[PDB]
Asker: 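Looking at a complex of etomidate and Gamma-aminobutyric acid receptor subunit beta-3 here.
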Amino acid sequence: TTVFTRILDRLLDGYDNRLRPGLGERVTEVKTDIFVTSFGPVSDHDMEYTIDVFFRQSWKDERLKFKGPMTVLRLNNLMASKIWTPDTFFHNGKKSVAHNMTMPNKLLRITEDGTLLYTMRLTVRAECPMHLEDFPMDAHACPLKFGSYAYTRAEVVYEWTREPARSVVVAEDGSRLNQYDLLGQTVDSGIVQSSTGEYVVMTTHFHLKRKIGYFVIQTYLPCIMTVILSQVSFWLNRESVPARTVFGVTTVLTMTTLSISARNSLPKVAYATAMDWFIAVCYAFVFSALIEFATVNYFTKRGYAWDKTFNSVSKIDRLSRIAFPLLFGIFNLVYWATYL
Amino acid sequence: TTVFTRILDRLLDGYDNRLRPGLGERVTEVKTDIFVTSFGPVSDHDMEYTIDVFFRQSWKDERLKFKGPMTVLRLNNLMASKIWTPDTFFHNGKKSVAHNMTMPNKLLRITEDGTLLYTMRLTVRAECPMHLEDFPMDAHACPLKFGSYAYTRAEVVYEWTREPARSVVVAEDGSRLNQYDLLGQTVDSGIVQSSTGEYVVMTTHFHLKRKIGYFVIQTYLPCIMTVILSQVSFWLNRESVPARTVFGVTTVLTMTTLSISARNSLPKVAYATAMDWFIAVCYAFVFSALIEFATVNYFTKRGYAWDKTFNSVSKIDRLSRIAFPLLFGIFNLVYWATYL
Amino acid sequence: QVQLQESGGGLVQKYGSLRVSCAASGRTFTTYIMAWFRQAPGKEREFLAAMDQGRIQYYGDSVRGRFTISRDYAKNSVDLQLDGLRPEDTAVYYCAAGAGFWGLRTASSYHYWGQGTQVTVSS
Amino acid sequence: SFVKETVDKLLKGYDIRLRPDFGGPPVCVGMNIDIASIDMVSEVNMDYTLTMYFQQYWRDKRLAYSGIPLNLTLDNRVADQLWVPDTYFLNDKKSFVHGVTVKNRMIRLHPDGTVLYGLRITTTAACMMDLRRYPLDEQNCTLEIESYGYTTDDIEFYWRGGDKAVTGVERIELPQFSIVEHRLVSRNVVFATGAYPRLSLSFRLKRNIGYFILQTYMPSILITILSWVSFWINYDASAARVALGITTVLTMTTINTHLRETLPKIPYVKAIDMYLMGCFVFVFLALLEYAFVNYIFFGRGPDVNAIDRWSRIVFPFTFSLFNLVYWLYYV
Amino acid sequence: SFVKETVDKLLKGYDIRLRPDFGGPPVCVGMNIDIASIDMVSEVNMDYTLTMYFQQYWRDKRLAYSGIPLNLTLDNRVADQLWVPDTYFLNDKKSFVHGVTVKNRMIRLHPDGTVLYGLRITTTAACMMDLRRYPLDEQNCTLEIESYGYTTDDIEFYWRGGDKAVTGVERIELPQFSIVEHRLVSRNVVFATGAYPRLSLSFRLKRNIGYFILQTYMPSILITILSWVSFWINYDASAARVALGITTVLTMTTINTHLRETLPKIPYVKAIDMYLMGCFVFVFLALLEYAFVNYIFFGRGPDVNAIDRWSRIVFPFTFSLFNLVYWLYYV
Amino acid sequence: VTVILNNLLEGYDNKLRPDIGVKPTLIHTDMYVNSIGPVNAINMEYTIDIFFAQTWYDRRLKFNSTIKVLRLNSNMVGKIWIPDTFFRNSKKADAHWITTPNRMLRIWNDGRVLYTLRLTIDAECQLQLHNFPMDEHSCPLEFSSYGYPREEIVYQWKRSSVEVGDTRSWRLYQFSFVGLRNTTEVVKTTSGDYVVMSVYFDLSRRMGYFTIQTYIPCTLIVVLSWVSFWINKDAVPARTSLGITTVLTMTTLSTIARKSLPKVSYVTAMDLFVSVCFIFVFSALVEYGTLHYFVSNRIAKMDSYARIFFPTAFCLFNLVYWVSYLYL
Ligand SMILES: *[C@@H]1O[C@H](CO)[C@@H](O[C@@H]2O[C@H](CO)[C@@H](O[C@@H]3O[C@H](CO[C@H]4O[C@H](CO[C@H]5O[C@H](CO)[C@@H](O)[C@H](O)[C@@H]5O)[C@@H](O)[C@H](O[C@H]5O[C@H](CO)[C@@H](O)[C@H](O)[C@@H]5O)[C@@H]4O)[C@@H](O)[C@H](O[C@H]4O[C@H](CO)[C@@H](O)[C@H](O)[C@@H]4O[C@H]4O[C@H](CO)[C@@H](O)[C@H](O)[C@@H]4O[C@H]4O[C@H](CO)[C@@H](O)[C@H](O)[C@@H]4O)[C@@H]3O)[C@H](O)[C@H]2NC(C)=O)[C@H](O)[C@H]1NC(C)=O
Ligand SMILES: CCCCCCCC(=O)OC[C@H](COP(=O)(O)O[C@@H]1[C@H](O)[C@H](O)[C@@H](OP(=O)(O)O)[C@H](OP(=O)(O)O)[C@H]1O)OC(=O)CCCCCCC
Ligand SMILES: CCCCCCCC(=O)OC[C@H](COP(=O)(O)O[C@@H]1[C@H](O)[C@H](O)[C@@H](OP(=O)(O)O)[C@H](OP(=O)(O)O)[C@H]1O)OC(=O)CCCCCCC
Ligand SMILES: CCOC(=O)c1cncn1[C@H](C)c1ccccc1
Ligand SMILES: CCOC(=O)c1cncn1[C@H](C)c1ccccc1
Ligand SMILES: *[C@@H]1O[C@H](CO)[C@@H](O)[C@H](O)[C@H]1NC(C)=O
Ligand SMILES: [Cl-]
Ligand SMILES: [Cl-]
Ligand SMILES: [Cl-]
């Protein structure tokens, strides 16, 4: 086994890991691919998402050529710290983890020609600026940008290993998404100009579509049932002032409870979302059903109900039994067609 | 700068940082000094407070005497790890932070005579045992104790740099308190005894008084208005049984909600606070108002109101309009005289 | 209402330098991707350049290294510097803004479009 | 190989414990910041989180090299072998340098000896906010940059590029705040251990009111309006008018309770508190108005309709007048 | 004295960068796990926390020693000088080796060259849960054990002890779950960089129903039963029957609100949602039944009692039938 | 003293325990409990801050000199052999590092070594929450060597083994510390038999918080539903609104009672009380619904009976409930 020990000692003899390969001679070309083991949950409140990847980088270092019984050295990852590696970082990363349980989750393989393969297991939290105007029927393109921290494009360039569409692969059953659907991803590469120079940036946009099922169950269905309940009052006799006032005030309190609690998981945006409009309109219908009874009660003459002369069924009530359900159905037709 | 490199090399040659200065000849005297850059928030749930300080320590080490051009060597903090420093720890500290951004927040200055200045930037989280009997009108004396972990008072003694009052300084605009006022601090020193010997302890007591404004706004004022609301029913006619039942029930349920939420700001201690008694008495007033109506309804003979004989105005209602507001006003004066 | 107004253009001699600027109003596009497209006569819209909130520049292959895209985030504007112009570059240049859903190079991902500036190179 | 020999000679005999010009004039350090994002502006914790690219420039003559017309961008581990300023943030509470895939740090040397040293830092800095006008308040959050152990005789800070030393503010988009301006301040701070150079980066934040209109102001306005409906109901409908009056009182409590749970326990009155108290008084007085009407007819009868008709004007007029004084004072 | 020279000899010339039999056959690593505790099985975070004693067994002939009939237990810091397998957990989100009073690590050598390597690990492992039958659901949370850098040509995994490799499962006590069984799986996974050995430890968790009966099911049942009291109230009492009906509607809302605050935002209907929706419909229809009774008497009067008698039977019969189908389907 | 320290470490090997291959290394442990922190019922754990002291003999550290004891800081700790003591039921545990490592090392001339460090331990305590909130627990703290079996390391309690402070600065808000006991046993693992040292802390819950939070509010609502028995039965909206809103509030109160507990699937004492209060308020509404039905359409004297039966039954339940859970 001392043959392979002597090969490693020769490689590291007089080797400077402070210098990128080809420094002052050529541009270091780094080929990258990403295997997404899990696309983690998306946090709307923080406008961030989590992704777990195998981040693979490959480049050629002529100082690491060797001859031996094997053509590839599948080495302990501690060998990585003794050689030069790319200083890749994620531009939109917030707080990432390079896993090291039970050992640093890194592999290093050296081919005899001097090509290096260097992969690591990462958990990246990345910024995804969301536009929530169409929430909860919104779609987002969450980016994942990475590149060199220190080396400009005249020094280090990044490329995708295979075709860009094939250089980012997501595992078949690795979705940790709860309320989003990963429709697909687009792979690109660009250039960023900063105060320190011009840098290659490799981008991947993950296209996410929110699932509406949770908000139908917990927001849209309760709102609709509160509107339907508020219109049950129209079918009670006008001499039921306490009963029809309870209908009006409880549904208004219910809509207020729904309204202030529907944005609890969202960032406090200044603009109004699609769900805000639906709740505001449902509030108007519920508010108008209590104003309607006030008008009916104002034209009630006698304080006794039908068992002398008796009150008549209100014309306002007769038309409200039709107009209110009809206009709420029309709103739902326009609302859902506008956003779906 | 080769002159100063030799001086530092000469000083560290043969220097044993495992041994305290003057070992076997004298007690090592450490003069301490605390500058509070911010008195951070006080946590009632954990009974702890945060504090950001410049912790300054000074002592003499004859092994570090030097002669040269500069009388004081203002060195990189990396030098501090090569020499002996006091092993000061906070006795009541819980989880403190030594700041490491962008470098270790430390300084080390060596004068030519061997005197050392050693300051570090810390965030100390210390236990502050609180007696919450008078909450929210309570005051506390939060301590800050520190001393040597390993060296007994026969080896290392601590002293305040100046007069003890002037040795702890709080910055003019550093208060991070929301619910408290910092009324001043008491500085003291003492000796603690343990199984491993006697140790010098340096104590500071920050005196804090709770600001009552939040609890007046959010607890006392809603309690007072609920009691006033419950006494409104005394002025309604005795035949409005549903109306007066709604007054009694809703105010009792409001007091029930207030009593639950008034404990959420505090650790779940087993005794009653001063706010518990106010809510308990307010509950008694609100509950008696509903019991008063039940008595009035018991002596109501007719189900119809005045427009045939008619019910008279209840004597209980006539007396309750005076007794209930008066007794509550008397209780408020006695309550706020006791605690304020 | 949201409006995007291209400026510059007209006629330029071969090899001339032209700067095309777009002014946006009615909505702040700081978090959006502001792009440039061109449409040769009898041809589909061709992606030219884009620049997202992070100042990352994307380019089409035919214009990479020739055209430069910059953004004035304070002025809510995007500019496209045209250099090495050739008669093949004569088209209508469009300013666009969008969230880049299903790709920032596809024209269907941009919801806001300018009217269009004619750029012509005469040889 | 020439570069490798050059770097070894630079680091051979280099003393990291000594600053450049250790016994001479102070080393001038130029700083610029590229702000990547501001987030987590919290009133509960009284802090904001800032991600930035923190660049420091200084000239260390011990690192001057000749023969190479290149700027030597080295591996970031060489920073541990060089002297760097002991720069720190005074109001920083929790800060980390990003470390994926490697430590987000850069060292770039120049032939004359200039060192460019960059760090990608996320820091949570304390920002004590005055919330008396909340949610119509303007906050001022600062970042205090100081040398820890070097006084003004050893080190000098300056903003490299003047007023253009900080970039990226125009690209920041806060969901709840708008940045009005940022300033760069250079000054000295004196402690008991000496005078130290300080650089200040302050932002002025204006809170967006749109969220609070839908969340607290509009439900309070509509509930206050709804309590006037009782003025149009007959006096003898005690059950209906008490139910309406008490429900509007209960509704105002729910609005405040939800708002209270999202805020730090502050001892003073905020602007939004003043509005909810105002709306509560109007809702409370409408309920007390019926009790007055009920007492006059039943407890004193042995004009009732005048009081209700009078209230139909005064309550809408006084509440609109209250909104006039409120919004003129705070907007 | 002799033991020191033997250990000194083993570490002399040792190459930690090379695995045992580096150029030869794969090294077989045997694993057994002693589970200390499972806790925080989180539906919200979709994960669970595991504390275990993780032992790895392999032979390194470079560490063979003779003359000492002892199994040499060394200080745990010797693990930094010896080669250990690069074992990782694929579905691991956050993990640490305990470090009080020292790093909770064991290295025991054997004369034939066998190394026993123990670690005390707490790991938060991902477990995506299907909540469609919640709270009557069963979950299968797994632990994926794999080598990171070494393909099946370099390393082999096996459960040391077969079905007895994992111990301590029967002693685990989860408040909300019962561990029905656990399984051990050995297989190979292929990635683009090669084929890697994988060991899988999976538990089958059955959620306890007793908590949810007192928490949500009983108040739903008692609220539905009390909504039938209105059918026995005289049709004249509009204010009594409306207040009873509306309050039962609001109780079901509070029950669901308390429930959903403790759960993630999943886009499908759970079993508990199916029950709460059913109870709401019954409570909603009881209130609609009075409006129908009120409308028929007053809106068509110019058999009201028969509707109440019909409702007194049909509502208890349909609800008891709804519970019968619900529980037989899910239990 | 520099000469003594240099010679002690010359030829020293910290990877080998003293008397390896000769006899077990006997370690005498000592614990000063600085504070027993909060008891978290949901996570089934408690916090404890200790000064953990360990004493053993290392013949490689004998020295002949005028000085009798070397008193050293934490610098020397990493250079000599140290026991690999770990805490078996510790979910989280940290040492202390401000301003320096909170560690002390003392070496006597006959080779005796005293090693002490400060620890904060989050220890797992599986609480059995039957009889809650009138429950008592013995929360353990177990430690042993990670890799050295009984044939190599033995622990032994000293004369004054576990010491507590004033027990008044402790963060025991809901529990009162009543006492402790220390045990020693042998535990067989797959890698050998280990000496395990256990400290049990007996904790009895203070029900003062729960009386204010759950018992008194629930009782007042039960009393509230009895007010309807005195209201005239012709007031149908009054009796019904009182009856059903009282039931609605019990539903809210039941949820608040269990917010501080793990979601255990057995019935605690507090669950039994809240459930019985629910049955009382449920019956008060059914009582009126029965009376209202039979009067509009002796039984008519149901209100008189309910005025006596309901207060008497609830007092009777309270008599049995508090006697069973406090005395029985
Ligand atoms: C995955 O990756 C992560 C990230 O890399 C790994 O986490 C790292 O783990 C390693 C190994 O455990 C740590 O190194 C040792 O750390 C200890 C403890 O101090 C560190 O941690 C404290 C908090 O604990 C945190 O980590 C521990 C685990 O380490 C964990 O249990 C706990 O829950 C918590 O998470 C920090 O407070 C502390 O910071 C403080 O001290 C810093 C300097 O140390 C200072 O910069 C800070 O500002 C702050 O004040 C620190 O981060 C260290 O004590 C230890 O260093 C001693 O031991 C090593 C052993 O090999 C030795 O080589 C060192 O030289 C040193 O020993 C000297 O000092 C001893 C104490 O005085 C003395 O007894 C010795 O004799 C020796 O003295 C010699 O040198 C001195 C000085 O030159 C000289 O005067 C003497 O004469 C003599 O020559 C190690 O640094 C990392 O800290 C930790 N990093 C992070 C970010 O977490 C994780 O382990 C990886 N996981 C896996 C599975 O691989
Ligand atoms: C939303 C609020 C809208 C407010 C609109 C307010 C519009 C408005 O001004 O209404 C007044 C009037 C009230 O009608 P309503 O049926 O409620 O009241 C009857 C009406 O006052 C008759 O004139 C009375 O008869 P008479 O002459 O004394 O013999 C009759 O008394 P009696 O016979 O029982 O003794 C009353 O019951 O309504 C309309 O004319 C239809 C409006 C349809 C509006 C439809 C809107 C959808
Ligand atoms: C929580 C308070 C509990 C108080 C419990 C107090 C219980 C208690 O003592 O009740 C008796 C009485 C009820 O007074 P109240 O006026 O309500 O009842 C009248 C009384 O019953 C007369 O006797 C009736 O006339 P008559 O004889 O048939 O001609 C009259 O009938 P009518 O004219 O309508 O036909 C009834 O209305 O109260 C007091 O005298 C003042 C007590 C003040 C007590 C202190 C109050 C602060
Ligand atoms: C007719 C269906 O509507 C409802 O069940 C409904 C409407 N508002 C509230 N609810 C109930 C309480 C519910 C909401 C969400 C999940 C489960 C149950
Ligand atoms: C007369 C003032 O009383 C009130 O405003 C009052 C009393 N009970 C409740 N409230 C309201 C809801 C309130 C409390 C606290 C802050 C803002 C608003
Ligand atoms: C418990 O500690 C005492 C000293 O306080 C000791 O005498 C006794 O032996 C210990 N018990 C056990 C079982 O170790
Ligand atoms: Cl998600
Ligand atoms: Cl505070
Ligand atoms: Cl406790």
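Naming convention: chains lettered A, B, ... in sequence-line order (proteins, then strands); numbering from 1 in each chain. As the structure lists them, so they are numbered: ligands from 1, and atoms in each ligand from 1. As a basis for the values below, the full set of heavy atoms in this structure was taken, side chains included, without hydrogen atoms, waters or symmetry mates.
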Asker: Could you point out every ligand or chain corresponding to etomidate?
Answerer: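 It corresponds to ligands 4 and 5.
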Asker: Which neighbouring chains have any non-hydrogen atom closer than 4.0 Å to etomidate (ligand 5)?
Answerer: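 Those with a heavy atom under 4.0 Å: B, D.
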Asker: Taking only heavy atoms of B/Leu221 into account, list the atoms of etomidate (ligand 5) that are under 4.0 Å away from them.
Answerer: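 Here the atoms of etomidate (ligand 5) in question are 2 (C), 3 (O).
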Asker: Can you remind me what the PDB entry calls chain B?
Answerer: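 The PDB entry has it as Gamma-aminobutyric acid receptor subunit alpha-1.
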Asker: Show which atoms of etomidate (ligand 5) fall inside a sub-4.0 Å distance from at least one heavy-atom site of D/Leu276.
Answerer: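 Within the 4.0 Å cut-off of D/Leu276, etomidate (ligand 5) contributes 17 (C), 18 (C).
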Asker: Is etomidate (ligand 5) close to any UniProt-listed benzamidine-binding residue of chain D, that is, with a heavy atom under 4.0 Å, and which ones?
Answerer: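 Heavy atoms under 4.0 Å from etomidate (ligand 5), UniProt residues: none.
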Asker: Any idea which transmembrane segments of chain D have heavy atoms under 4.0 Å from etomidate (ligand 5)? Please number them from the N terminus per UniProt.
Answerer: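 On UniProt's list for chain D, heavy atoms under 4.0 Å occur in 2, 3.
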Asker: Can you sort out which atoms of etomidate (ligand 5) are near B/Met225, meaning under 4.0 Å from one of its heavy atoms?
Answerer: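 Here the atoms of etomidate (ligand 5) in question are 7 (C).
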Asker: Short list, please: which atoms of etomidate (ligand 5) are under 4.0 Å from a heavy atom of D/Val281?
Answerer: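 Selected atoms, number and element: 1 (C).
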Asker: Find all atoms of etomidate (ligand 5) within a distance of less than 4.0 Å from any non-hydrogen atom belonging to B/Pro222, and give their numbers and elements.
Answerer: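 Per the distance check, 7 (C), 8 (N).
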Asker: In the protein, which heavy atom is nearest to atom 17 (C) of etomidate (ligand 5), and how far is it?
Answerer: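 Atom 17 (C) of etomidate (ligand 5) sits closest to the protein heavy atom D/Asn256 OD1, 3.3 Å.
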Asker: Which residues, given by chain and number, make up the 4.0 Å heavy-atom shell around etomidate (ligand 5)?
Answerer: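 Residues with a heavy atom in range: B/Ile217, B/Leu221, B/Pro222, B/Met225, D/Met252, D/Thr253, D/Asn256, D/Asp273, D/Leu276, D/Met277, D/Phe280, D/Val281.
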